[PDB]
Amino acid sequence: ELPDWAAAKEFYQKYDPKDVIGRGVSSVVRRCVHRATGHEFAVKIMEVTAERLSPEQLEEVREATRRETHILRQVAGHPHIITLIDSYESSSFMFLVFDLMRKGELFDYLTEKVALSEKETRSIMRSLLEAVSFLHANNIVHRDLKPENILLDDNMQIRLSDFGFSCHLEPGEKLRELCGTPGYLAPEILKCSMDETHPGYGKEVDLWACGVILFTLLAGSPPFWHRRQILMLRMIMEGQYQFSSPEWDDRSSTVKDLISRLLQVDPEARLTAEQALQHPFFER
Amino acid sequence: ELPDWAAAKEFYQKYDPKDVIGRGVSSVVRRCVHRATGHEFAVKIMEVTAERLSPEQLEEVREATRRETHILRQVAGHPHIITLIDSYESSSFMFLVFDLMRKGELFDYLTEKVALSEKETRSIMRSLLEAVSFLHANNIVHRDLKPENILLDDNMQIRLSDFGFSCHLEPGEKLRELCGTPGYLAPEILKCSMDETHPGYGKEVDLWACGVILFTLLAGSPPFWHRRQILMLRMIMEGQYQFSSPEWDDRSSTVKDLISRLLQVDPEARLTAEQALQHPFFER
Amino acid sequence: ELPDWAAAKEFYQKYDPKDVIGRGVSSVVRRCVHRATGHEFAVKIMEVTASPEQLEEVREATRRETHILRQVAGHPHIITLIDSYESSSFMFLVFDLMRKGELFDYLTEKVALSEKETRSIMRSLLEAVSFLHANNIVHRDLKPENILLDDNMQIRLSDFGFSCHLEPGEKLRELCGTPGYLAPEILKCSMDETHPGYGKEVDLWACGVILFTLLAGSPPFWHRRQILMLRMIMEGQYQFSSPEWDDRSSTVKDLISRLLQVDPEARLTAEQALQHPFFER
Amino acid sequence: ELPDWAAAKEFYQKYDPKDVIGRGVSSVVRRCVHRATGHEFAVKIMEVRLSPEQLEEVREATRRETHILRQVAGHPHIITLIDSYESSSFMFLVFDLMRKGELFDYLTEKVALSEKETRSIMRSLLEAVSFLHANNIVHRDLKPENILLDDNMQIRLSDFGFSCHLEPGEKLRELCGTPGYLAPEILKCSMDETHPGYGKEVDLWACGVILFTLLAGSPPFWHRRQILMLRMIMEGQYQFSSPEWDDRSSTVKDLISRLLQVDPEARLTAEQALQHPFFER
Ligand SMILES: CCN(CC)CCNC(=O)c1c(C)[nH]c(/C=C2\C(=O)Nc3ccc(F)cc32)c1C
Ligand SMILES: CCN(CC)CCNC(=O)c1c(C)[nH]c(/C=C2\C(=O)Nc3ccc(F)cc32)c1C
Ligand SMILES: CCN(CC)CCNC(=O)c1c(C)[nH]c(/C=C2\C(=O)Nc3ccc(F)cc32)c1C
Ligand SMILES: CCN(CC)CCNC(=O)c1c(C)[nH]c(/C=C2\C(=O)Nc3ccc(F)cc32)c1C
């Protein structure tokens, strides 16, 4: 609601933006320094009018970013969720100040390490499921859990980010919007988006994505993939995945049981985040 | 079958390969000249061993190409189906000599003209449906009908090509395999690729594709499309398409009736190729 | 100059930023609206934060560019610098909004242009080049990417990043510009420190390359290896290949030839090129 | 030479072609199996619109290449031409199969290499270069794309398409090789006909560029604009940038500086480079 000159003035007067650590379609993520203290943060600068869109499409983008910042303020404080430290909002742009996560995305870490150990995977998954359990208890569904949306610090501590697809979900109520990354989508989202008669989806979709993340961290490859995206959709919907002999050889049966219980096609038969956390995998 | 040196010797002795007119994963299509006469053809050189594959997958490729060449020999002679003039078959490769179709793919013609007239569309559709009627009478289902698989000569005469997905279908027998271009897929192919209890599909899938082709030739755009492929599938299964006012304005009610009778979700209620050919759109 | 917050405040208070219409290495070009009048413009935002000595080199170079732009502001076929805002990190340059974008993208869409359309573009281009030269400015980066179009298909020369002043009789030495558009004397000079240098004639060789490219839809000196392209330039080896140069007049081929003249002394000036029988109407 | 059916028959009778492991403009590289022994090789299949004169140029050049390859066949760090079959439209060249592919693709995967692994690659690359030079051959296209690796991480120098024999005392002038790897003297004499020419020292400048690139993961002379890259080369302007050169010894920095020496007389020979304390142990 601030004029553009005010949001820009207030941000640049209080913060010193530094090197670019990430880029998006209508945004850039930069390291920044709080001038008065010398303390470091990360700033996401969203350019709301950077894309050519109809006035209706533009108000959709504005309403969605409002939905996101509201959710970010609700969950600010949780140790394994990104903290919105400060915000400068105007009609044309949004300056969102967050925690600086110095080891970047979990995705880039996985690329470097190829595949992670069960010890390091346990630590990441526990933190992730704790964050998901908190969101769920507060009736928030993330709707885009993936290694690209999980950030790391120098102590290898994770913080869940990118709440652009997140929304509130009243207990009992169901969603239908197709959003998220195809490889991480639960069967009920696909069934739902292809068949209008399908009842819809809930918070269980996050736990299917957790199952996909868990598999990918250990295997170094996703459980469902194909050259042709349409053939990937039946493997997801039929829950067709395998613990292939070369990479899944020395992996415990305990983690395979956890993946099996998270990668459950029936959302009613699927583990909740609280259930997943009391799984023996996390009992060390 | 021939040793590799014999297939290569026999082909290169009789034919002079020229310019590349098409590319594939493990194949190239080139214009070629019959050395003794100077007459021109097109040769598809299939490189069976060009991709690194398991011994089982490699025998799948070999069996697949045998299925295709067998079908091509059965249908050779039909005026609106590509003619396999000659073949040199060895373990490692396949040299398939065909008619040279000098105006290339119908798809590229449609791109150039943007949208075709009902007069030119009638001529193409009549020839297409005659070819489809012939295939089905011989218990063959094409399974990938689209403007990219329809070739044109200088006289604007068509020839159906690309029989890589074709198969024999004994009458009354049903298929389940998902293969073929998503935009051209019938609802029953999708429905049974997500509901295992669904009985499967038959030769009617080629006629849905004919309906999609007919719409696209006239509109210059497909009846089902979305940025997200999964939302396009929902439109196909519900048979949700429209004759949009700017491009469908001066188009006859007769062709819109034909399209409606081809883009019929129920395969039993959908026109057969013989039925489509008796429709008043094909009146001379 | 000013603190970062001040240049940003001054720009965003006067202008409303809209859609991105272009991107560069250290810049973005956006459509913008002047809040008080409602008039549309284009703003180039240069981010000089994405050594302190090298950063002042970049600042000094952008000052050289804006100075030249202010001198030429007013010409109907040259981009107009409307406004500018400077800080340590940023540079906000407000220009005319050219709604049909780059001539390069237009050429991609049309594949090749007609002599009639090419005549209109070339006349405007050579008039702008003649003006630049009369004011002792050498553009040094003339190419279809640096020529902008409005809705009336009217041309404006832009991207004065390599431009500089040139007192008559004096010569230049710096190797700059796009390789495909470089005159032979620039390549010759870049090596031999005893070589006398180059002048405003390098702009007219680039005009010759532009003229060829508009008609052919491809450049006269091209290959996969850039080093072999340099040999072609220096020997002035171009051909009017039979498929695309078939329907072309001998009059325009005579013009191309007289612009693509290796000897800068024998090469047509902008005023000479404008008196060519190709521009008689 | 032979009709097309004969070159094809002779090749496919002796070798069983497998998967495509590489592609070029007018060629494909495939793994192949020698039918009688079951041993694996790599075959480069070269295929042919050009004038009859230009087509005989492409033929004569490939004959120059195969002649050089037969002279060098036997060296442990040079690619071995096992066999060759030629026709009007094809050339089948059978070589050693280097299972870890191009050093370039290995560098892409690893991003940057260790000094331990670079010393091992650079020793064998200099030994191959020293051998070529002792036999009066200049490679003229040394780069990571032309260095092949086996499973033991052992190298073999390949792609002799620009190679030529050079009589001692005599000099070359042809501009060829990859721009980023070109020595300053190649650029100086391409433009100036009075410049004396270049010799085998150009391969050692390329070795210096390879050494830099293996350690940095990026080349020493690079720029968004190709024409600014040439200026960088000729002035020998490169830097050991703080993020990627942080954990690199001064010893390897020294050898790079002694190989990336603008004066060819002051530049290290292959035998001299092999006596540097970087290879001592
Ligand atoms: C140059 C080396 N790297 C290789 C891939 C650069 C990539 N990126 C990095 O290292 C990186 C670093 C150090 N932090 C982040 C991102 C965020 C951060 O820290 N707080 C946030 C709050 C919100 C948000 F939306 C993103 C971030 C990245 C992507
Ligand atoms: C000129 C460059 N282009 C791309 C490589 C050309 C566009 N393509 C063209 O013109 C074209 C022409 C002139 N014929 C074909 C294809 C076939 C043909 O004729 N007989 C066949 C038999 C089997 C088959 F599977 C394809 C063809 C194309 C794609
Ligand atoms: C970025 C997305 N699109 C891809 C084709 C947009 C295409 N781009 C377009 O249409 C386009 C338009 C409509 N204007 C411009 C550029 C400028 C302009 O107008 N005044 C200037 C003054 C100075 C300058 F240095 C650039 C411009 C482009 C590139
Ligand atoms: C499809 C391409 N891929 C890119 C990442 C595969 C990577 N590359 C690979 O697998 C590869 C392998 C395993 N060998 C080679 C090349 C040659 C080889 O072995 N003997 C030769 C002799 C001469 C020559 F001129 C090339 C080769 C490649 C390109």
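Heads up: chain A is whatever sequence line comes first, chain B the next one, etc. The residue numbers of chain A are those assigned by the PDB entry, with the residues present covering 10-293 sequentially. The residues of chain B that appear here are 10-293 by the PDB entry count, in order. Residues displayed in chain C correspond, in order, to the PDB entry positions 10-59, 63-293. To match the PDB entry, the residue numbers of chain D are left as they are there, and the shown ones run 10-57, 61-293. In listed order, ligands and their atoms are each counted from 1.
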Inset, instruction - Identify the drug located at ligand 1. - result: sunitinib
Inset, instruction - Report, using the naming of UniProt, the chain with the greatest number of heavy-atom pairs under 4.5 Å to sunitinib (ligand 1). - result: Phosphorylase b kinase gamma catalytic chain, liver/testis isoform
Inset, instruction - Provide the letters of the other chains having heavy-atom distances to sunitinib (ligand 1) under 4.0 Å. - result: A
Legend entry - Nitrogen or oxygen atoms of A/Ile30 and sunitinib (ligand 1) under 3.5 Å apart: yes
Inset, instruction - Specify which UniProt ATP-site residues in chain A come within 4.0 Å of sunitinib (ligand 1), measured from their heavy atoms. - result: A/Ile30, A/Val38
Legend entry - Distance-only N or O hit between sunitinib (ligand 1) and A/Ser170, under 3.5 Å: no
Legend entry - sunitinib (ligand 1) to chain A UniProt active site: nearest residue, heavy-atom distance: A/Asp153, 11 Å
Legend entry - For sunitinib (ligand 1), the portion of A/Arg111 having any non-hydrogen atom under 4.0 Å away: backbone
Inset, instruction - Would you tell me which option among A/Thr92, A/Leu160, A/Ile94, A/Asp162 has the nearest heavy-atom contact to atom 21 (C) of sunitinib (ligand 1)? - result: A/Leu160
Legend entry - Protein contact for atom 1 (C) of sunitinib (ligand 1) (heavy atom, distance under 4.0 Å): no
Inset, instruction - Report the part of A/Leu105 in contact with sunitinib (ligand 1), treating N, CA, C, O as backbone and CB onward as side chain, heavy atoms under 4.0 Å; options are side chain, backbone, both, neither. - result: neither
Legend entry - Of the listed options A/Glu49, A/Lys53, A/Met110, A/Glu157, closest to atom 12 (C) of sunitinib (ligand 1) (non-hydrogen atoms): A/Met110
Legend entry - Main UniProt domain of chain A at the interface with sunitinib (ligand 1): Protein kinase
Inset, instruction - List the residues forming the binding site of sunitinib (ligand 1), heavy atoms under 4.0 Å. - result: A/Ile30, A/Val38, A/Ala51, A/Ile91, A/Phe107, A/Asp108, A/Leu109, A/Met110, A/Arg111, A/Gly113, A/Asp117, A/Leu160
Tabulate distances under 3.5 Å between N/O atoms of sunitinib (ligand 1) and N/O atoms of the protein, writing both atom names on each line.
from: sunitinib (ligand 1); atom 1: 8 (N); to: A/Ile30; atom 2: O; distance (Å): 2.9
from: sunitinib (ligand 1); atom 1: 14 (N); to: A/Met110; atom 2: O; distance (Å): 3.0
from: sunitinib (ligand 1); atom 1: 19 (O); to: A/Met110; atom 2: N; distance (Å): 2.7
from: sunitinib (ligand 1); atom 1: 19 (O); to: A/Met110; atom 2: O; distance (Å): 3.2
from: sunitinib (ligand 1); atom 1: 20 (N); to: A/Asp108; atom 2: O; distance (Å): 2.7

